[PDB]
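The structure to be discussed contains vadadustat.
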Amino acid sequence: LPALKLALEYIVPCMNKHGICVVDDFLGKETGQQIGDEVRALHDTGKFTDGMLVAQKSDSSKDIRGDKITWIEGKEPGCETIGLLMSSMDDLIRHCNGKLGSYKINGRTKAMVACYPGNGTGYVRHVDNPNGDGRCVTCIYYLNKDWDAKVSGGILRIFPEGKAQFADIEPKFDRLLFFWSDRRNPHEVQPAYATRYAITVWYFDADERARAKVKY
Ligand SMILES: O=C(O)CNC(=O)c1ncc(-c2cccc(Cl)c2)cc1O
Ligand SMILES: [Fe+2]
């Protein structure tokens with residue numbers, strides 16, 4: 001599917017109506033598996049952090065850590081298919097521009113690659129951008145082959161429009177997810193009992209980002 005068709009016929013109407021959009025089979029099995037291989041190699045060669053401190057504990061031997069991260073620009077050797085994914089995300093957003101709300105998107109973060117180690121940790125309920133830091137759209141790509149949430153957990157639960165009625169999104173292989181980054185979409189990751197990977201980029205709105213500059 002050409003990016004403009006996906007954008008105009010699906011992403012733009014889904015985002016403006018619901019603030020959330022799920023695209024399955026985004027890149028196809030071959031590219032999806034190559035991204036998986038690159039992320040696993042990052043993991044196996046120690047490129048991730050040790051994980052978010054979950055419980056601090058007076059005996060630090062008992063510390064519990066959760067999601068581990070690494071920031072990826074997309075041009076590093078061994079990361080060029082992650083770079084292909086990132087360019088594919090940009091292609092979609094570029095073909096949306098002027099139609100995602102009244103936002104004018106003019107940049108994005110590097111990719112945050114996340115690894116949940118499977119030790120029963122998740123991610124607490126939160127809003128990505130609660131305080132106007134410039135980020136207007138969250139984009140997540142999942143790469144977990146044959147993920148079964150009834151067995152392994154790890155559901156992303158989003159509370160669309162902030163209301164208590166929630167949407168449960170499995171972190172399925174080759175699934176792409178967009179949602180508004182602000183308080184319209186509080187969300188959380190339920191405990192994961194197997195290794196769970198995801199790649200996130202955030203897109204900036206020009207006006208909000210130009211003002212966040214003075215909030216820094
Ligand atoms: O994995 C998923 O399906 C959902 N993940 C998130 O919702 C998330 N959100 C925010 C952050 C995050 C929040 C603050 C700082 C940084 Cl570097 C990352 C990490 C995160 O993993
Ligand atoms: Fe988040």
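Just so you know, residue 1 is the first one in the sequence shown, and it goes up from there. All values below were derived from every heavy atom in this structure, side-chain atoms included, with hydrogens, water molecules and symmetry-related copies excluded. Both ligands and their constituent atoms are indexed starting at 1 by order of listing.
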Subject >> Structural location of vadadustat, copies included >> reply: ligand 1
Original post:
Quick check: main partner chain of vadadustat (ligand 1), as named in UniProt?
Top reply: Egl nine homolog 1
Original post:
Within 4.0 Å of vadadustat (ligand 1), heavy atoms only, which residues of other chains turn up?
Top reply: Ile69, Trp71, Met112, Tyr116, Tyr123, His126, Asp128, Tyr142, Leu156, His187, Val189, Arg196
Subject >> vadadustat (ligand 1): other ligands/ions under 4.0 Å >> reply: ligand 2 (FE (II) ION)
Original post:
Can you list the atoms of vadadustat (ligand 1) that are under 4.0 Å from a heavy atom of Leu156?
Top reply: 3 (O), 4 (C)
Original post:
Can an N or O of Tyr123 be found at a distance shorter than 3.5 Å from an N or O of vadadustat (ligand 1)?
Top reply: no
Subject >> UniProt Fe cation-binding residues of chain A with a heavy atom under 4.0 Å from vadadustat (ligand 1) >> reply: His126, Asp128, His187
Original post:
When residues of chain A contacting vadadustat (ligand 1) are grouped by UniProt domain, which group is largest?
Top reply: Fe2OG dioxygenase
Original post:
In terms of atom number and element, which parts of vadadustat (ligand 1) are under 4.0 angstrom from non-hydrogen atoms of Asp128?
Top reply: 9 (N), 10 (C)
Original post:
Is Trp202 close to vadadustat (ligand 1), meaning an N/O of one under 3.5 Å from an N/O of the other?
Top reply: no
Original post:
Would you say atom 11 (C) of vadadustat (ligand 1) has a protein heavy atom nearer than 4.0 Å?
Top reply: yes
Original post:
For vadadustat (ligand 1), is there an N or O atom under 3.5 Å from any N or O atom of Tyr142?
Top reply: yes
Original post:
Which residues, listed by UniProt as 2-oxoglutarate-binding in chain A, lie less than 4.0 Å from vadadustat (ligand 1) by heavy-atom distance?
Top reply: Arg196
Original post:
What's the shortest distance from atom 16 (C) of vadadustat (ligand 1) to any protein heavy atom, and which residue and atom give it?
Top reply: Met112 SD, 4.3 Å
Subject >> Residue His187 vicinity, atoms of vadadustat (ligand 1) by number, heavy atom under 4.0 Å >> reply: 7 (O)
Original post:
Against heavy atoms of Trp71, which atoms of vadadustat (ligand 1) measure under 4.0 Å?
Top reply: 17 (Cl)
Original post:
By number and element, which atoms of vadadustat (ligand 1) are closer than 4.0 Å to a non-hydrogen atom of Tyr116?
Top reply: 1 (O), 5 (N), 21 (O)
